[PDB]
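This report concerns only the one structure given below.
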Amino acid sequence: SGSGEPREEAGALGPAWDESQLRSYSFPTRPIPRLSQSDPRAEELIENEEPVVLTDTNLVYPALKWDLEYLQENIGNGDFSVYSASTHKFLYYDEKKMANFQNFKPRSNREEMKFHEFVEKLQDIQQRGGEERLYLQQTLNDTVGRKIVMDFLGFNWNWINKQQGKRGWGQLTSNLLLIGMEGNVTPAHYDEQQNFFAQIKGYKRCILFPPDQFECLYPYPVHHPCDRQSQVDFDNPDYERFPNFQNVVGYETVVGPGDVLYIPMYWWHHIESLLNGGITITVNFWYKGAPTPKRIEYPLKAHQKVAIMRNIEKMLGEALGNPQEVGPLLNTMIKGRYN
Ligand SMILES: O=C(O)CNC(=O)c1c(O)n(OCC2CC2)c2ccccc2c1=O
Ligand SMILES: [Zn+2]
């Protein structure tokens, strides 16, 4: 039990969720702390780059009223990236890297459309009873209607801007809106930026793994379109190819409306929209991490070693003139020499 006992909602409305809405996996977890932003422990966790769920930021307070109808009326007439998938797992592909690996075609199609088309496409699926799932993921721009601009202005910019200043982070790079169907799964991956994951509607089970568990999670090659994702099928883990997955230990939480999960830079995260929980809405805030310090302190952090491993794969990819020779060169380098 990583998320703990399901939290009770105000007004004696009882269980927000129950454990049968969670998917079953083979690894143990422990709870990410649920704290208040006023708690000095929450401050220590963020500076030390450990995950924390803040319960009372009011970061996206004006957005707590968002649903499909309100958004459809006010978000405007931009294009929204909608990812499709025949299964519940939404594996993403770097379309630019799809050239290096000709021997693969994607399984989660992206399709640009207008917001009203996505809403029509969604309740079509619920009435046809079909198995197809959709996931709208669109960076917020200024092509957005007046009432949503007002809501944006209503975010707690005082709090998050001071968090950016106190941690030495870079600038805010994007505000990703995510709207998803129940049961949708974003499979385990890590990002290179600091993330405040602000939950708006519905419930999302977030399972995180620290950077020192690189060896248990087996990311794709840097040049692979699925760069930064685990190769391990959490529903059917191949212990023969991925034996250290038997040693993986996660940090787990379930975020609901009003909650803000800090996902530290380089922390693995597996996110799922709770089964039979309806649609989920999230806004993400991405900050570039703080610049690498003056004097390098040893021993290195785990995330610096990941960054080192990424640079070696990149450097080899361009030195050899072909990303596909990285593998054989690296094996030639270690076989009988370092293993
Ligand atoms: O689904 C959830 O609740 C959590 N989603 C994520 O964590 C998530 C992510 O971090 N990235 O990388 C973006 C970084 C480059 C700026 C993606 C990229 C392409 C397509 C999908 C995603 C994605 O879903
Ligand atoms: Zn991510």
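The PDB entry numbering applies to chain A: residues 11-349, in that order. Remember, it's 1-based here, ligands and their atoms both numbered in the order they're listed.
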So what's the drug over at ligand 1? desidustat
Identify the main binding partner of desidustat (ligand 1) here and report its name as listed in UniProt.
Hypoxia-inducible factor 1-alpha inhibitor
Could you help me out with the residues around desidustat (ligand 1)? Anything with a heavy atom closer than 4.0 Å counts.
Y102, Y145, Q147, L188, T196, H199, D201, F207, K214, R238, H279, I281, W296
_For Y145, the desidustat (ligand 1) atoms whose distance to one of its heavy atoms is below 4.0 Å_ = 1 (O), 2 (C), 3 (O)
Which desidustat (ligand 1) atoms does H279 reach within 4.0 Å, using its non-hydrogen atoms? 7 (O)
Which UniProt substrate-binding positions in chain A have any non-hydrogen atom closer than 4.0 Å to desidustat (ligand 1)? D201, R238
Would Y93 count as being in polar contact with desidustat (ligand 1), using the rule that some N or O on each side must be under 3.5 angstrom apart? no
Problem set entry | desidustat (ligand 1) vs UniProt Fe cation-binding residues of chain A, heavy-atom distance under 4.0 Å | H199, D201, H279
Could you check whether any other ligands or ions come closer than 4.0 Å to desidustat (ligand 1)?
ligand 2 (zinc ion)
Give the residue and atom name of whichever protein heavy atom lies nearest to atom 3 (O) of desidustat (ligand 1), and the separation in Å to one decimal. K214 NZ, 2.8 Å
Exercise for review: Name the UniProt domain of chain A that holds most residues touching desidustat (ligand 1).
Suggested key: JmjC
- Message: With heavy-atom distances below 4.0 Å as the criterion, list the atoms of desidustat (ligand 1) near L188.
- Response: 1 (O), 2 (C), 3 (O), 4 (C), 5 (N)
